[PDB]
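Entry with L-alanosine: notes follow.
The sequence lines are taken in order and lettered A, B, and onward as chains. Chain A residue numbers are taken from the PDB entry; in order, the displayed residues are 1-153. Note that chain B is numbered according to the PDB entry, with residues 1-153 shown in order. We're sticking with the PDB entry numbering for chain C, so the shown stretch reads 1-310, in order. Residues displayed in chain D correspond, in order, to the PDB entry positions 1-310. Order of appearance sets the numbers: ligands from 1, and atoms from 1 within every ligand. Values reported hereafter were calculated over all heavy atoms of this structure, with side chains retained and with hydrogens, waters and symmetry mates removed. Contacts here are counted within a displayed part of the entry, not across the full deposit.
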Amino acid sequence: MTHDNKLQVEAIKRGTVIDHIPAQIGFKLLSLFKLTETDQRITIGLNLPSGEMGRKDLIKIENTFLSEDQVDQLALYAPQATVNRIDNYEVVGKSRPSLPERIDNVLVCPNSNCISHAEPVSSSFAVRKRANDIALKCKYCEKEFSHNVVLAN
Amino acid sequence: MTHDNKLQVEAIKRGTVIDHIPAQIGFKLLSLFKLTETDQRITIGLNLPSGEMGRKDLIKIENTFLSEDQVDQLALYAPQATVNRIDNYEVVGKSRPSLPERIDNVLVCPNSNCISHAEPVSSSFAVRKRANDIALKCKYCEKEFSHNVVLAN
Amino acid sequence: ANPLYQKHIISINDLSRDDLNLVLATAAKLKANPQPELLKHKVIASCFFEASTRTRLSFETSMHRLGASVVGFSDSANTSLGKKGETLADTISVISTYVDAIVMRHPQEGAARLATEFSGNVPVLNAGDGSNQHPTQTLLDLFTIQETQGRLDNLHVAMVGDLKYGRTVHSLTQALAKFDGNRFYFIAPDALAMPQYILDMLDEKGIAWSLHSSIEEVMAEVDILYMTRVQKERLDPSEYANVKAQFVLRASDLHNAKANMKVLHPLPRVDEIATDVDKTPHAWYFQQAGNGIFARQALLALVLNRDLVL
Amino acid sequence: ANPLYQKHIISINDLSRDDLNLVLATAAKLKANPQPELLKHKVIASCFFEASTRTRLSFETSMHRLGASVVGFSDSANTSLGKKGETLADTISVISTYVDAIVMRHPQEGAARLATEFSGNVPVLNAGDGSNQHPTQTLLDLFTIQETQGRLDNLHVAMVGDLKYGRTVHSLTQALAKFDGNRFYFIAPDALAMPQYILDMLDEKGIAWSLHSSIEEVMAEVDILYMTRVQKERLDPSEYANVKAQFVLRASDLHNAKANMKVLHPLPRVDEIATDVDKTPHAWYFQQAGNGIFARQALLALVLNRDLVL
Ligand SMILES: N[C@@H](CN(O)N=O)C(=O)O
Ligand SMILES: N[C@@H](CN(O)N=O)C(=O)O
Ligand SMILES: [Zn+2]
Ligand SMILES: [Zn+2]
């Protein structure tokens, strides 16, 4: 009596799967990108090892794939994160978040006098790379900050 | 070593697991109770098959237990949710969330003139069950509202 | 020491009948035999974040009558407190290292309770926190009723005016409901009637209460006529006039009043009690105000001096 | 028809070289031949959420000289302003249904750009938004330099004063950097020096610039001396005075100046340019202010009238 095949009704569905997310960031992405507000299931794995003396968070959502630009929105939080449109590995060649040249709706301008705070508008920042930093320029007040500032709100 | 598998979708071990969480209430608990501030592993599943006719959320967080005055804290959000201690079923009484006498740190007083808002204190409300309603009395302003009020605002 | 020693005095509800009795007992005693040196080497903070002259002068006078020293302010833009984002918490954490007791009045409802959590060992006496609690006002009212009626049980109490927002009468109604056999008469315009939660409480304790449209309707039965302030800003100017009707007291209305009845009023009465009443033997609002000294002296003595008075 | 017809004028940086030329060309044409009925049936809103009398009167005069009508408010705390309730968005969504154009001054950076997303095909002209942009101020500055020097390229520009916070000089520097062969001289106390991001831009384009401690170090080669206002509050009184030195201008300093030099200033010159300068032929700040009518008439003309003028 031998059950041959390897499977346990676990990893099977056409959805997307984001992995190798730095620890303590998975919950950040879920919140920051409101991904748990869909009606279709989600499998989440937090603090699940992978290899070296490193951390690891994982998020699995189904029946939905993230656009090219949507993937990039992870660049700032999940650097070199790996994704896999998974109907069964529909990942294109190599899909790892690239730095978007524009990031909206999640960041908060550090400038207290920016009109953006008390108003019904979505935040928007221009992205550019430097050395030891990433510059974000507010669409509204036009002030520029380093991501270290914008992220420590 | 005695643990026995590589399961990133549904496993077990010395950890607490909350059962039958209504849809869109699972992530809420993760935020409201900062259940991801753990270093210990966590496996969650959302919008998955329920009692043969609905949808539900599921939270499995390894190497950590819940208490009486904690599981209860789920009463106001996940009432009919079960909590099976799982060091390996070393659960005793029919562990189901009852209404706590006090609910702290999560609720926000609807009273805009309440001192609790601009100060370094924890919210705190007394609980009283009503017919078709639930009364929460703020420890600070001493004003009483219905959870329907406190959960909207 | 005495049951109230080193205890914070924040809400009337936190006070047991025993407590009320002890405070009122002490008040009578100090009234009979003043003790000007009781709190000699004590320094008290009179922190009026929200201005209120009479209550402030009454409170500070009490402190002096006991010999204590006083320091404080009236944050009504008279000080340099919490300019940008300086918390009440930090203010208390500071002031609580200077003084032996904090008497505070604040615009926000749970101010005094919050102060309690940052004042380590230093007692805080609530002089009023927004629309919530005002302990000493209730104590002075009860003391006045007891002194003029000889008891706090089995009385006929009428409360007129704005019973909906007057948190003064909510606190007094609840205080009296801790004693037996009292009957209440509530006179107020429909838009400012006693709240249902108060009536619910009276029902569950089986206390008798009835609603009336005019004072004259029960003037014959009342032992205490509690007149409340009706703020103009409340209703519409035309609304007010249309209702002020008789929720205003005039000497003429006292023709058939009980010899022992006393007319009380939280005080600012300009628009509720006609001066011709001031001459009658029933007017007791100034005496009532005068009693604030003894009730507040008693409270300070109790929390700052271990043994009972004498 | 024209490139700027129906466009929003929010940041000097959204303006291309050709745009600047077009605005300046139009300004000169309207200056040589007025067109009093060009905007005859137009109604424009002058919304100064932040009071600014000079630029407001300048803007409004421009409107009237083109024949347009004006409604508005300098809600400098004297309008039924949204009691810190109504959003700027809602204010604009309402106002954009009444008028044909919105000129607005606001305390917060980004205000004009935000208005842009709620106005309906109704153009918004930024009259200043906090410490961000003041498009028309740079335009009148540019226009005044062009008129007096005959060009905007190959000039020697000195900027004196507060280069750190004077955002009008930041904009003017970035605008002149859109022209070739310009030479800059920055004279300011070290605590108020030009920001490094500005110098980075100039190095990126190979524009020649240098720092100097006094105006008399460069008076000989300067074509344009742009004087900035230095608000004492930016420093402490003792500090201000200490640096005050020569960063102020007086007639004696212009002994070796070039015949063609013009001294400019945004205004509020009270503390920087001595009155004995007003008489010299170099003084041109009042003419500069007078050019605001033309540069702003030009913008209104371009955005609200399809076809070019003259
Ligand atoms: N306590 C009153 C003022 N008052 O009458 N003081 O005596 C208030 O703050 O409304
Ligand atoms: N300079 C003033 C406006 N004004 O009236 N100038 O003359 C401001 O920036 O508010
Ligand atoms: Zn901004
Ligand atoms: Zn509250």
Practice prompt. Report the positions of L-alanosine in this structure by ligand number or chain letter.
Written response: ligands 1 and 2
Worksheet item: By the name used in UniProt, which chain has the largest number of heavy-atom pairs within 4.5 Å of L-alanosine (ligand 2)?
Response: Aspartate carbamoyltransferase catalytic subunit
Worksheet item: Which other chains lie near L-alanosine (ligand 2), in the sense of having some heavy atom under 4.0 Å away?
Response: D
Fill in: For D/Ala51, the L-alanosine (ligand 2) atoms whose distance to one of its heavy atoms is below 4.0 Å
10 (O)
Practice prompt. Indicate yes or no: does an N/O atom of D/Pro268 lie under 3.5 Å from an N/O atom of L-alanosine (ligand 2)?
Written response: no
Fill in: Cut-off 4.0 Å: ligands and ions near L-alanosine (ligand 2)
none
Item to complete: Using distance alone, determine whether D/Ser52 and L-alanosine (ligand 2) share an N or O pair under 3.5 Å.
Response: yes
Practice prompt. Report the UniProt carbamoyl phosphate binders of chain D that come within 4.0 Å of L-alanosine (ligand 2), using heavy atoms.
Written response: D/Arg54, D/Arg105
Worksheet item: Tell me: protein heavy atom nearest atom 6 (N) of L-alanosine (ligand 2), and distance?
Response: D/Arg54 CB, 3.2 Å
Worksheet item: Among the UniProt-annotated L-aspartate-binding residues of chain D, which have any heavy atom closer than 4.0 Å to L-alanosine (ligand 2)?
Response: none
Worksheet item: Does an N or O from D/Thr55, backbone or side chain, lie closer than 3.5 Å to an N or O of L-alanosine (ligand 2)?
Response: no
Worksheet item: Is D/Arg105 near L-alanosine (ligand 2), meaning one of its heavy atoms is under 4.0 Å from it?
Response: yes
Worksheet item: Using a non-hydrogen cut-off of 4.0 Å, what is the binding site of L-alanosine (ligand 2)?
Response: D/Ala51, D/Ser52, D/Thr53, D/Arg54, D/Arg105
